[PDB]
Each structure stands twice: as structure tokens, then as C-alpha cells.
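Consider the following structure, which contains bortezomib (bound form).
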Amino acid sequence: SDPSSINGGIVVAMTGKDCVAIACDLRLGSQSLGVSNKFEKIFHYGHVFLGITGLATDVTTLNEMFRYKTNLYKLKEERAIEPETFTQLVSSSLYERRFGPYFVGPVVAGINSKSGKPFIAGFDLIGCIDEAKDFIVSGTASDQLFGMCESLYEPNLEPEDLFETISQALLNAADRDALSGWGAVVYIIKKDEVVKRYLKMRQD
Amino acid sequence: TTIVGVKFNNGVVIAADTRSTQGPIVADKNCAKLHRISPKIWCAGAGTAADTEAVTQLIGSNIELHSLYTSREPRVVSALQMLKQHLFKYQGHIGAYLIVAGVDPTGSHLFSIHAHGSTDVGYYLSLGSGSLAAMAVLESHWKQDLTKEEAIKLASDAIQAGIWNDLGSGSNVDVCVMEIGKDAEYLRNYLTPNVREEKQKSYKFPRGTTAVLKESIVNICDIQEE
Amino acid sequence: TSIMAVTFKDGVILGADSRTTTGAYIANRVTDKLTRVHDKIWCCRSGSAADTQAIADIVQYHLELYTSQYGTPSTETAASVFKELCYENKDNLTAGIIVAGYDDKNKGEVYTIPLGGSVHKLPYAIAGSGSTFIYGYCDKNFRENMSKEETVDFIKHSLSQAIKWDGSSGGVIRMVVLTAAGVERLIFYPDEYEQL
Amino acid sequence: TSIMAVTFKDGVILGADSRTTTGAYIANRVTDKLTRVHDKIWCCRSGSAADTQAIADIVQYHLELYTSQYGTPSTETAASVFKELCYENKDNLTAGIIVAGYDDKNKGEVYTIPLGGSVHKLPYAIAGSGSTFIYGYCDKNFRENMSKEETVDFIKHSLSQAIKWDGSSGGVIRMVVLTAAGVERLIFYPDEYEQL
Amino acid sequence: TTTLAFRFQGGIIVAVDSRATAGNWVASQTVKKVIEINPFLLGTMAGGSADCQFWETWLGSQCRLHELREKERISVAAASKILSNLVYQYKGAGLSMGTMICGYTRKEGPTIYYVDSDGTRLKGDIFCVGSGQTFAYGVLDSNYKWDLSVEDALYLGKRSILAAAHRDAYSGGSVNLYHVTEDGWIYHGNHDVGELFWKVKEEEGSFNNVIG
Amino acid sequence: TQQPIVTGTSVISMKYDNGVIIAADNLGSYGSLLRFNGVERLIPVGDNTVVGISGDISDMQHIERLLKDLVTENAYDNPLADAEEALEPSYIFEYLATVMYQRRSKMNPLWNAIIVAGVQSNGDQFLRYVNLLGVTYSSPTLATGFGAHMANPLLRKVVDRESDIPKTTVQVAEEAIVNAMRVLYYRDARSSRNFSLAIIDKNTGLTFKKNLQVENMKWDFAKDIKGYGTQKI
Amino acid sequence: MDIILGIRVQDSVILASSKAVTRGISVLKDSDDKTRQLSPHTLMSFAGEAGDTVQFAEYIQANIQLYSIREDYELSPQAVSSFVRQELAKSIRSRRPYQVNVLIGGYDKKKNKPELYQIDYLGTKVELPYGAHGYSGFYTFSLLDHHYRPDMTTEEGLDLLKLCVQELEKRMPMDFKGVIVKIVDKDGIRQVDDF
Amino acid sequence: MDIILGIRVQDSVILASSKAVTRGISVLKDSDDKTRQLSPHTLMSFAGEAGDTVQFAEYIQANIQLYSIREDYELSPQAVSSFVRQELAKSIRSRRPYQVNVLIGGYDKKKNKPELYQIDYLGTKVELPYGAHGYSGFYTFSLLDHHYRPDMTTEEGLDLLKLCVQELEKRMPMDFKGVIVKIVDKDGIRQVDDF
Amino acid sequence: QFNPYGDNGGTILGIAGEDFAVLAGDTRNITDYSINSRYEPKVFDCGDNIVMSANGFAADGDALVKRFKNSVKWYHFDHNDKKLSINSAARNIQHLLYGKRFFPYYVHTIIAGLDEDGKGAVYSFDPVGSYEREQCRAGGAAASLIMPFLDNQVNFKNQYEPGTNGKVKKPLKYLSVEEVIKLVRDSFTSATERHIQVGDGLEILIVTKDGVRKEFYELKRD
Ligand SMILES: *[B]([O])([O])[C]([C][C]([C])[C])[N]C(=O)[C]([C]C1=[C][C]=[C][C]=[C]1)[N]C(=O)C1=[C]N=[C][C]=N1
Ligand SMILES: *[B]([O])([O])[C]([C][C]([C])[C])[N]C(=O)[C]([C]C1=[C][C]=[C][C]=[C]1)[N]C(=O)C1=[C]N=[C][C]=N1
Ligand SMILES: *[B]([O])([O])[C]([C][C]([C])[C])[N]C(=O)[C]([C]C1=[C][C]=[C][C]=[C]1)[N]C(=O)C1=[C]N=[C][C]=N1
Ligand SMILES: *[B]([O])([O])[C]([C][C]([C])[C])[N]C(=O)[C]([C]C1=[C][C]=[C][C]=[C]1)[N]C(=O)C1=[C]N=[C][C]=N1
Ligand SMILES: [Cl-]
Ligand SMILES: [Cl-]
Ligand SMILES: [Mg+2]
Ligand SMILES: [Mg+2]
Ligand SMILES: [Mg+2]
Ligand SMILES: [Mg+2]
């Protein structure tokens, strides 16, 4: 009944030293029934990464929508959209559906190509921006993720250390949620290289 | 949320806490609730966070165009009128509860706004879940002919009352001072009485602690030449 | 809310408390419920603060535009504009308004517009939650062609009782006097009217 | 219903209208709401007619049995018996009762028992739907140690206004005087009290 | 919850999962969903944890009192009926139970009774109970035979719970195995699904859908 | 299950160095009607305890009779009724707390919020809360209803934690309480100007103050406030 | 309607769909084909609310056939599935949404690969090796998890499908009157007439 | 449970009762006997809410068996049916009524006549030549109205019963997993093991 | 309509060591968005080296603890001053809770102590009496924030040994009382940051063979 917890899933993002990390589970379900273990929730438009939790049809719809908008942006602007600008675009787009919203929990992550500054941001389903320095969480195990992130996180982690922290934050949060898990992906993002890692986790 | 507004000798000051909450969870610990409508008209917002943001941007945008059209600096009553009429039209469904303050060629002004579109005038005001804690402080310590230094003190004390006693409020105190014949000074994190203590332990993991299945480079670059 | 308007020899006087409540919390203890739609046509507001403000703002706009074309409007005209808004939008409004004004030709007039949107011209009118408690007092004590000082005392004593018994009413007693001489504002504080 | 009891120099006087309604139909226009639970302890009834009769009948029984064992009960005792019934059966009762009585030791006393079943000893009391309209009037006009004639005029004028404004109240104004001299019944008809 | 029990040549196999949830929140992964009523009787637990726990340890007290009074082991029929008659008294009040009472006696042989908080009492060869019962049924019905070895039967039960643990969101944690023969039940260990899945996938060649 | 009919608003209280202070206004409201203006809601028990009650007045009066009966019962066959075996604040509270929870458990609550303020035999300050649900808690400052939202913030600025209690005098504490009552009169639509205040000191005993009024009120600034925005006259 | 299954093997996609049509108390028909050919190498099975199912299926069919004529070209299964998802995603926020769940089985002639897409009435699309809608998956996914290997032949796929249908016929309360099975491969679409 | 049928022929009463036990989504059992022998020449089939059915049937059985021992005599089918009706008529105004419908088939050894009684959970008794509970009658009564003749034979009765079950298996949505058939005559009660 | 239940917030945490056990809980008591008390003890010494906390609706919590304390008293009277073992206490609490199955104590109960072999023991209950011995358990408002952290940092879940890449798990080495208290403090500091009903103070009761010791720590008061 509650649209935001029919399909299930989670996304988490973190900042490190000259790097950002964004991670998500791979589950898609119909309430109790597990349907797919290859439903990735992180997308990217140029060097800007977007994770989306919530109702899966809206996750797909919004990805297609932001691909649409960022492609037109690039043709007109003659440059790739930056994380700060994209964050404003997500907020605008969501709020225009104020009274008929997309049931989603988006998470932006990326590094500004000009300043080199790491950036993350979260949103509610209608556009409010949460621009945290440390971390952003989203999905059915957001409470769990808040608990993991708030204890495990420390500032200025190196890319390979940040990987371990975000991976353990996701995995242990997902294992305390019935509607999350069934695999996981972690993106480690640096100014001009991005590494994508699939995690081995319990398949129940 | 705790937000306040206090008039003084030569202007007006507004303040706010920095906690945003989804139910009993804190979404953001250092949230920015002081919004700029124009250079010398600022308002603080309580209620639905997207709404206070959106309604401020829209009116702020139209105020800017109006200022350019008329070749005059914007007035607080214009922002007030535009905000109330917008909110009334939406019959309370846009959940924005605002304290609007500022200085303009007419003088210094302080107003409140509720979601259904009703406005109120006052020398001291408070809104949000911690408004009762804040108003208790304001009713105990407010007087006529406050100085700038006294008004900032009173405003931040009123926010603190909200921070400590209201569970819907917390973290830091943001202030904005708008004095006549001066630039508005926005004091982000004016007080920081809630820094977290050092943790007992470091939870940095040994590298190779997490099990990995696959690795791959992601192509973020465009299609290449040659 | 405790509001009233009373005609007398030299014109009309509007009176009101200053309390605005959200349940049992007093959101504003120094509210001004006496509002100006024209130079010598004012109104008392009760019910929703948003609705009565929105209405009063629109009326002021209509009467400003009326004045620019046809000169000063009558109090009856002002009441009619209020009625048109309150009647035609009765499903969506919660507004109980008393309209009071001073012409030179018609002198002091009072029109009350309750929830339905009906209009009633009266020598004096009372409204708001606190008015219930002073129907007896006001009926017994009202006379026509009172003096300014007598009418001020009548409103002061009346609203004092309304405040005393109604939790939704309180604070200061504001008044606005409308005569040929001009527009005078009066204020009366708790220490004064409570000992009456 | 408009009911009241007022203490004065020589004792206490109870007053009431005579209207009983089933919605907007007046089921009885000559009702006697002033009822006797003891020689010089009476009560005014408001709310459910069935409930207040059942209660008053039980109280009269208790005070009759009290008298047979311990002699004449005090007015306070009578009020306590009313309270015990109204409080302990608050979930199932709709009764607003004013108890008034005359002792030689305590003279005239008035106790009001609202819906909850709480007791409040007062110099005078008002109750019933019509009482709302005369809080202002009664507060302004009540004095302690009035004469019999003054108290009759106070009740007559008060209930007149309550009747004038309340649809649930009307008919004749009944009164019962309780003094050392004895028990006197008074009645006042519409033609008399409407012109006040 | 996924719990199963089935009769075969070597007696009875009982297999259960370990997960307990409050909404989407995983409350526990280490729940004992099998109770040792005595050395010969087992009860499975599904539905309300408290209801199942309380009334099945109560059942063990009634079974002990029977064999004290009658100088003889209680039958599976009699034991299951004590529980079903009890819950029937509480019918409508809101008890939430789905249980298998499993045992072996001389007069009956291996016996399984499905007992239910609506008052249903059914004797049978195969039962699966819980939110993930349908998933377990698939594996069982296609691989079940009377002539299974204790070793093969134990694996089938383990595998059927694993199948449900994977698909059913309200099942998982670990697998507890029991084997019931004439001489009493015999515990066959706790098996973590997080390790069992990757083991079975590799060795069996199953779950080719999942990447490992 | 019922609904409250005639009701009393906030009861406020705090500890200080040598004892406790408690206060409550003298109003009995009937919905929005300010019906009864002479209702005492502080009820002393002996010379060492004061019970402050908010909520339903009929239930308050019932509780008042229970406490009166409690004193009578304690005196029975008790030569030390006015000495070592006198009623303590802790005894009186625990009794009420037992009753409140029992009544909620029969789904027929006494619709009240109660604060028991007093001083124990050994001079220790006692201050504890109980309500219609049987919920209990203690704190250097306690308040019911609106007092919880408006009084506590002001009273916690004087005594923020346990260690602030010995540093707080009776003059400073009373001042804080009286100010809180004024604030509640500004802002609570079901309050009255008239109130009662009680001080229980370990040295000077029980001081019960009746017919107090809220004074030194600020209203003058109202004259400058005109309209709701754009209006100038 | 009730049970619709899908499974993709080495070189084909197999769709099984029940034959029963029940309107309340009676089984009105026991030979109903719950599928439409969208293009020569793309088949869509469907199940949901009465009327809406066929109306939607035929509406999609018409649109794909129109595309085929206009461009003289067959759309990829991926392209068709994306079109269908968009129609359902549009539908869910309409005055009266299409209450229809579908499986799209197609053979991509460009990549020489079979493809199976599962899309629910909300517009929730997933590519799978095997899929189902409604209560079918609750029984069949455990068998397919266990028995499925991605390199099966079409004959092995049909045997695994028989094992699914047998389990459904054992444990489901509703009599769905057997299934119509259809195979989608490089040579197009054909129906298995004996199942 | 679901389908229970009854038919009285010349010299016997035949009761047919479904074997399925379905709880929500799964069919837990396909060999359930929804009947109890009350006495050597009296059989009662039953269907209704879970738990209540067996509880009621066994409670009646116990009472009739008690009567049989006390009096060393078998009650007539009419007498047993009246006892059962009274228990259900008492039940319907209880705190929690028995939600059980029954058919009582018996052979009266005194009158040498078969007898079939239909009683619903309200305590509504009727003697019939053929009867049913639930949705069974909606299909089967038309066939029985046509084909039923009162001098039929136990085998003709079984053939007519097969025609009823075939119609149910064709038109009913629920799979009731066939029926257990039992015959009540002068020689007592026996079960037809092949149907 | 009258609602007999309420929510007093708070959070509790029990951890069983090798020869000790801790039961911690914050000291904040609340209703809705108001603070009732910054220091209202929630974890209690019940005698016989058993500590208990019933978190949730405080009135039911106080009632349950009061009745269990009473049960310990009467266990001594009725069985010759025999020490009530932790397992026996747990079963006794199940019956106290299930006794009100159809009008439950709206609380999450946790007890801690030592078993009869001297090893650390924690038991956890739901509102209607289902219970289970556990190594680790958080209860109450911020339980969802704390438990995942404890799965990771107490049971070393999802942690493996460097160089082996997922093949070899991190070995389950035992934790000292000083190590456990560090994890408890960090759990509550983290919970305080992200949960509005957690704060003010942290009170920890430590149980060893020597007896019951207490430790108090300040938490953020916003
Ligand atoms: B304050 O407490 O009123 C605060 C001020 C706001 C401008 C940041 N309000 C909120 O934080 C609201 C509370 C709320 C919760 C639920 C519905 C409506 C309002 N929070 C949010 O709007 C919110 C919640 N989660 C994410 C983003 N925004
Ligand atoms: B008066 O009490 O009717 C008053 C007059 C108004 C014009 C200021 N109205 C209110 O105070 C209303 C509530 C109300 C009380 C009694 C009857 C009807 C309505 N208040 C508001 O509309 C309100 C409250 N809080 C914030 C904004 N507006
Ligand atoms: B009075 O108006 O309260 C009156 C006093 C009663 C003692 C005679 N009560 C009634 O007239 C009531 C209705 C009512 C009116 C107003 C408030 C509460 C109740 N009438 C009856 O109880 C009644 C009506 N018709 C027949 C019998 N009883
Ligand atoms: B199983 O999922 O049915 C399981 C078995 C039980 C014996 C532990 N039940 C639960 O997990 C129930 C919830 C439930 C989920 C799905 C179907 C039916 C019931 N949970 C609890 O009983 C529970 C939850 N939190 C604490 C304690 N017990
Ligand atoms: Cl206003
Ligand atoms: Cl009468
Ligand atoms: Mg699972
Ligand atoms: Mg009348
Ligand atoms: Mg019938
Ligand atoms: Mg706070």
C-alpha cells in the first residue's frame, strides 16, 4: 500500500579525501516476493552520479527523465552538468509534481570538475535538498544506514579506506531489512577515474 | 523548528535552529532555515521544508523582477502580500510558516505568515514546534528600545530555548541582522553549542575486509577521437 | 473573538479584542481586528484570520477602484461588496464580518454579515465567540443617540464581560471612532477594563 | 433551559423557565423545573428530563430516609447526594443541576453541579442552554445581601433575556422563595417579563 | 517463516528457518523455530512468536503430566489434540499460530499433525507452513520419495528452506535440521544461509541466475 | 472511558536549595467558557506535602476526598501520626500513582495530571509527576499541560541539572515561578490572572499563598500595532 | 486472469499462460489464449482486470504493427518492452489506470539472443531468465532457482516448465484449466499444441 | 471446507465430500475425509469454517455414541437429525456460533428406508431426496432435477453422482481434488475406494 | 476515545561478555516533542545479580519491573532463599508478560546477568512474552540505528581477513568489559545525533561475579 516500500531498496553516499562513494543494493521485489537481483539503483550522467530508492517504476521513469534533461543541457551548454547544478535540477523537477509526487528518495554524488571539491546531496520525494558534508542515506533501511554511518564514518578517508566504510555501512544495514539486499554495488569516484565493485553478501 | 524575529532600535533580527526531521529521525543536523528573498529582505521558514524553500524562491524571483521593473529597492510589504496571496490560493496545502523581516526605503519591518495565508505584525514573533519555548523567553526578556547587541542576544536565547527543550529543534543557531542604512549580515552558525564529542574508538577497517565479486572501470568520458 | 459596532449621535464606533488563538495557544495577544477598507468605512473581523484578511484586502481593492471612478462609496455599497464575496464563496469561507462606516448624508451605519453571507442593517451589532455572553447585557444597556463618551463606555463594559467569560477573547480592547471630525483610535488595557 | 439560584439577605430564591423541547417542537410549555427534594431544599433541573427526574426522585428518597434517622439534612448534604449520583454515573447521565436550600444556621446556600459531577458552592448560579446569554448581565448586576424584591427583579430580568435569546427556553418564569418565613411560589407570565 | 516436515522411510525430517521480523525490520536471525517438547516430540513455530513459544512449552508440561499419570509415552495424536483443543477455546481472541507436531511412537509410527490457531488439525505426510511455504513446496513435491536415505532426506529439507530463504523476504538467517526416528529426535546443526547459499550454488550448479 | 468536562490548566513547580515550590491558577474552564473563577487546585496534605492537580475538576474533587480520607486512616491506631509515622510526600505520591495506573488499566481513568511536591523526613526535596495513564517521572522542574511547553524552558534556565539545586535560593525560585505564571497568562487561552502558590521548606515549613495576581504586565506596545501588514491608520 | 509464466533458455523464450476464464462463480471458457503477437519475433502474454487486459494488449499490438509498416523494420524486444513500460507508467497516474501485468518474450535477430521482460501494471520493468505474475511465482521460482540453467535447450525448458505446471496443479486452489505454451525463437513464434 | 453432496435412492443414501483442504494460497491436503460415523447406520458429512467443522462433528459423534451405550440402542436418523438441529439452533444465538453446515445420511432399520437430512448452521432442517451445501447445489440441482428418479439403484445413484462431480469439475473455479464417496444402507456404512 | 497507551521514548542496550554482562539505557523521558525528565533511571538492579529494563510505555515498564522485583522477593520466601538464576528469571518474565496477552505491557524488556556457569547472559523479550537468549540486543526507539552497528562490531558480520578476499572470515575474538563500554558509548553517541528521543544521559549497569556496578556519562541535551 505504502508506495515507498513496495519494491524496497537502499542507497548510501559518502565523502572522502578528494573522492566520493555511492552504493546501493540490487533487490527488486513485490512486497514479500523477491523478483530481481540485478536492479541497480545508481545511474550516471557524465561524471554526476544519481542513486534512486523508492517505487521502482518512478526510479526508472526519473532516470529516463534526467538522462533526457542532461542530454539537452549538454547540447545547449556545450559542457557536462556539474553536481551542484544537477542537484538544483532534481529539486526543481520533483517539486513541479508537488501534489502528485514521484515516490522516490534520490541521492546525488560526484566531484566538481573545475574546483575538484567532493559533493553529495539527498532529497525527499518532493525536492527538499539535504546537502550534508559527511554522508547521505535513502531507502527502506535508512534508519539502519543512519546508525551505521553515524558510528563508522570519519572525515578525510582515502578512496580504498572509504570503500571499506561505505561497504560495511550498506551490508550490515541491508541485513537488518527484509526488503533490502540480494547483492550490492559500490562506486568509488575520483576526479578522473571511477571504480565499480560488486559485493558478495547473503542472498536472503 | 524554532524560528524567531526581533525588532530593535535601527532594524530587525531573525534567527533559527538548524535541525530538520523526518518523524523522530534527524535528516539534516546543520540545516539552513534562513532564506534570502532579496538582499535586505530575509525570512525564516517552518513546516514542510520543500515548501518554505520553493515559496521563498518564487516570491524572491518575482520580487527581483519587480525591483528591476520599478527601478526601486524591494519592500517587505510586497514580499508579504505576494506570499500571503500565493499561500491563501493553495488553501494551506503549501505548508509554509514564515517569519518575514527586512529593511527598505519605508523603514524596518517584521511580519509572520501562516500556511493558510494569514499575516500578523509584531515587535517580537516566533514560529514552529519550539515557538512556545522561544516565546516564553521573548515574553520574559523583551522590552521597547532594544539595541542591536541586545536583540541578537534575545533572539539567539529564544532559539536556544527551542534547541534544548523542543525535540523538533536542535543543533546550531543561525542569525541574520538587517539594520537600516547597512548591508544585511547573515551569520551562519552564530552559535555552535552541540559539537559531538570524540568517539571512543576508530572504526576504520583493514583494507580487504569486504568481499568483492567483480571490478570494472566506468567510462565517464565522452566518445573518444581516432 | 469579541467584536462589536455601535451607532451613536455623532456617528459610529467599532470595538474589538486582540486575541488570536490556535486551539488554546494564544498565537497573537495584540492583534488588530479593526481593519480599514476605506477612509471612513472600517470592519470588524471574526472567524478565520486568513479568510477575513483575504476578503478585507479584496474589498479595499474594490472600494479603491470604485472611488477612482465614482467617488466615495456608501457604507451600504461596502457591505454589499463584502456580502457578494461571503455569499458566493460560502462553501469555502469561515468569516463573520461587521461593516461600519460614516457618511455625512447617512451618518453612522452598521451592517453585520454572519456565516451564511446574509446582510443585516442594525443600530448596533455584536459578533465572535465571545458575543454570546453579552447578548443580555447589550440588549438591556443599548440606547439610540448616545454620546461619544457613553458609547465608549458601552463598548468597553460589553467587551470586558465578553473577554471575562470567553477564552478565545482577551488582551487589549481596541476601538475606532468614525465621525465627521475624522478617525480616532482608542486602546484600553487589562488593568483598566478588568476592574469595571 | 434557563435556570438560576440566587442567595440574598433573608435566604435563597430559585428561578426557571417552563419550556421542554424535542428538537424544535415544544413538548411542554408549562413545565415545572423547580423541584422539591426536601421542605426547604429544592433544585433546578437542566439537561435530560428523564435523568434529572430519576436523580431528583432518588435524592428525595435519600433525604427522606436521612430525616427519619438523623433529622433535617443540610443543603451541603443534599448537594453531596446529588453529586454522588451525577459523578458515579457520569458516563450514562446528562444532568446539570443547581441545588438551593435554607438552613437557620447556614441561611441561604447555592450549589451548582455541572455535567462532570463536580460541586461548586456559589453566591448565585446560572445553568441551562439559555444561561450562556446572561453571564455578562448577571455578573454586572449581582450584589450580595440583596432584598427579596431586588432578588426577584434580578432573576426576572435575567431569565427574561435568557428566554429572549434562547429558543430552548420560554413560557412562564417560575420562582421558589426559601426563607425562615417558609416556602413561597411565584409565577410571571410573558406579557409581564417581555416588556422589561 | 518457512517450516517443513515430511514422513519417509527413515522417519521424519523437520527443517525450519531462523528469521523474525516486525514489519520490514529484521528483529532476529537466530530464532529457534523448533521446540523440543520431549526427547521424542518436536513442534515447529510459525506466526506469532510468543503464542507459539508459550503454548508449545505448555504442551510439553501437559505431555509430561500424561506420562506421569498413564506410565506411558503420549501419542502424537493425543499431544497434537491437546494443543488444537486449547487454541480452539481461544478462537476469535486473536492467537496466531501455524505448527507441526512431529513424533514417532510404536502404535503410530512416524506421525505429523498440522495444528492451527483457527482450530484446524490435520494428519499428513508433507506440510510446509509460513510466509515462504509455497517456495519450499516446489522443491519438496518434485524431489520427495518414500525411499530416501536419512542423508538425502536431510539435504532435501535443508535445500527447500534455502529456496524459500532466498525468495521470501520474511524468511532467512539460518537452517535448523532435525531427524526423528524411533529412538527420539536428533539435531543436525545450524546452517547459516549466507554460507550455505554459495556452497549449494557452487556444488549443485543451481541459482545460475545469481552471480558469484 | 469518558471526556473531561470542567477542567483545570497548567500546574508548575521546581526544586530549590531548601525545598520545593508549586503553583496553579484558580480557574475551572467549561470548554472555551471560563466558567468558575474561584477553584483551588493546590491541595495540602499535612504540613509537608502539596498536591497540584490539572485536568478534570470532578475527578480532582474525588482525589481531594481520597487524600482527606488518607490522613484520617493514617491517624487510626497511630500514636506517632503527627511525628515519625506521619504521611510522607513519597507515600502520598505512590498511593496516587497506584490508583491512577489501576484506573487506566480498567479503561476508566481519572482524567488528570498530578504533581506531588513536598519535603521528606530527612529534609530531602520531593517532586514527582503522575497522570491519567499512570506515567510517572521526576525532574528538578515539573509542569503539566501548557506549563510543560512554556514554564519548563524558563524554570530550566534557573535549575538546568541536579547540581544547580543547592545554588538556587527561595527568592530566585519564587521569582521564576511567578514570571512563568505571567507568561502562561499571556499565552494560554484557558488560564486566569488569579493563582495560588505553595512553598514547602525544610526549615520554615509550609507557606500557602492564596489570591495572588499576575502583575507587571507589558501591554503598552499594542498601541503601535496596526492592521495585519499594509494598513497604516 | 490468473497464471502467466516465462522462461528464457539458450536460443528461445517460452511463454505459458492459463486457459481458464472465470467470471465469479462459473468457468465461462477453458481454451482462452492470453497472448498477442506484437511482431514476428515478439510475443506478449498478459493478466489483470477483465476487459483492460485485452484492450491494452490489442492497443500495444496496433502501435507496434503501425511502427513496423512505417519503418519497414521490426523493433527490438528491448525497444518494444520500453514502449510498453512507458504506456503503463503513463497509465498508473491516469483517471482510470490499466490494471494489466505483462510478460514480453522476444528473439533479438540483431544480437541473436532470446529476451524475457517482466512488466507490472505500475510500469515496473525487469529483464529476467524466468519470470511470472501474480501468485504463480510463489510456487514456481523455487523450482526454477533450483532447476534452471542458462544453457538449456528448448526441450529442457519445456520439461522444466511441465514441472512448474505440475506444482501449480498440485498446490494452487484455483483450477486454471491447463496452459497454452508458445515458443519464440529465430524462426518466429509457434504454439506447442500438446501440453 | 467446500463441496458436500447427498442423494437418497431406493435402498441407500450416498454422500460425496471433497478431499481438498485449502488454506488461503496453498492446498495443504488432498485426501481429507469430511465425514463422521455417528452410529452404525448414520453418517454425517460437514463443511464450514475451519476448526469449527471437526470440533462440531466430533462433539455430535461423542453424544450419539454416549446415547448408544446408555440405551443399548441406535437412534433413528430422524431422531439424530433433530438432536443436531437443536444443537445448531442453540449455537446460532451463542457468543460464538458454530459456523458449520451438515448432511445427515442414515438408514432407518425400523422402517427399512434410507433418509437424507440437510441442516445449515442456523439450524434449518429439511428432509430431501438429494441435497447440497454451499455453491454445490447451484450446479448439481438442475442435473438431479432431471435425472433423479426415486427407485434408482445404488449404482444408478453413483452414475448420477459422477455426472454431478463432472459438472462441478468443469464449471467450478476451485480445484476440490475429487470426492470421497460413502454409501449408507441396511448393512451399514462403506466407502467406494475408486471414484 | 481514551487511549490507555503512550510512548515515553528512550533506548536500551544489552551486551553479554565472556564473564560479564552490561545493560545500558539513556536517561531521557519524553512525550511527543517535550522532555519530561533529563534523568529518569530506566535500568534497575532487581537483586540476585540480575539487571532489568522494560523500554517503551513507562507506566507498563515500571509496573513490570515492580512485579518482577516482587517475584524475586517471593521466590526467596517460597524456596528457602534460593538464588533466582537468569534463565529462571527469563521464563518467569515470559509468564508475567503473556498473562496480559490480550491487554499487553507495551514494552521491550531486556534482562542481563550471569548464567549458572558464570558466563555473561542477556535475554530479550517482545511485549507479549516471546523470549530468547542473545549475545547482543538493542531495544526501543533507536534500536534500528544500533543493532546493525553491533552486528558489525561485536559479531564481525560481513568482515573478512585481508588478502583472502572473502574466503576467510574475521575470527570471533572475545571482548573485554573496557572494549564493550567503548562500543556502548559510541552506539548512544551515534543514536543521540540522529534520533530526537535519545540524549541527556547514559547510564550503564555492569554485572560481574563481584556484583552490580554503575557508570554514568553525559549525552547531548538538544
Ligand atoms: B521544523 O521542525 O518545522 C522543520 C523546518 C523545515 C523548514 C526544515 N521542518 C521539517 O524539518 C519538516 C518536518 C516535517 C515532517 C513531515 C512532514 C512535513 C514536515 N521536515 C521535512 O520537510 C523534511 C523531512 N524529510 C526530508 C526533508 N524534509
Ligand atoms: B476570533 O477569535 O474569532 C479570531 C478573529 C481573527 C480574525 C483573528 N479568530 C481566531 O483567533 C481564529 C481561530 C478561531 C477562533 C474562534 C472562532 C473561529 C476561529 N484563529 C485563526 O484563524 C488563526 C489561528 N492561528 C494562526 C492563524 N490564524
Ligand atoms: B432544558 O431545555 O435543558 C430542559 C430542562 C428539562 C429538565 C425539562 N431540557 C429539555 O427540554 C430536554 C432537551 C434538551 C434541551 C436542551 C439541552 C439539553 C436537553 N428535553 C427532554 O429531555 C425531553 C424532550 N422531550 C420529551 C421528554 N424529554
Ligand atoms: B515467521 O515469519 O512466521 C516468524 C516465526 C516466529 C515464530 C518467529 N514470525 C514472525 O517473524 C512474526 C511476524 C510475522 C511475519 C510474517 C508472518 C507472520 C508473522 N514476528 C514475531 O512474532 C516477532 C516480531 N518481533 C519480536 C518478536 N516476535
Ligand atoms: Cl488578523
Ligand atoms: Cl421535567
Ligand atoms: Mg529472503
Ligand atoms: Mg425563547
Ligand atoms: Mg438448508
Ligand atoms: Mg531539543
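We name chains A, B, ... by the order of the sequence lines, and we start the count at 1 in each one. Just follow the structure's listing: the first ligand is 1, and inside any ligand the first atom is 1. Note: hydrogens, waters and symmetry copies are ignored here, and every other heavy atom, side chains too, is used. The structure shown is a partial extract from the entry, and contact counts are restricted to the extract.
- Tracing bortezomib (bound form) through the model gives ligands 1, 2, 3 and 4.
- In this structure the chain with most contacts to bortezomib (bound form, ligand 1) is the one the PDB entry names Proteasome subunit beta type-2.
- For bortezomib (bound form, ligand 1), the other chains with a heavy atom below 4.0 Å are labelled A, B.
- In the deposited model, a covalent bond links bortezomib (bound form, ligand 1) to B:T1 OG1.
- The active-site residue of chain B per UniProt that lies nearest to bortezomib (bound form, ligand 1), with minimum heavy-atom distance rounded to 1 Å, is B:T1, 1 Å.
- PDB entry name of chain A: Proteasome subunit beta type-3.
- Among the ligands and ions shown, no others lie under 4.0 Å from bortezomib (bound form, ligand 1).
- In this structure, the binding site of bortezomib (bound form, ligand 1) at 4.0 Å (heavy atoms) is formed by A:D124, A:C128, B:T1, B:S20, B:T21, B:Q22, B:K33, B:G45, B:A46, B:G47, B:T48, B:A49, B:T52, B:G168.
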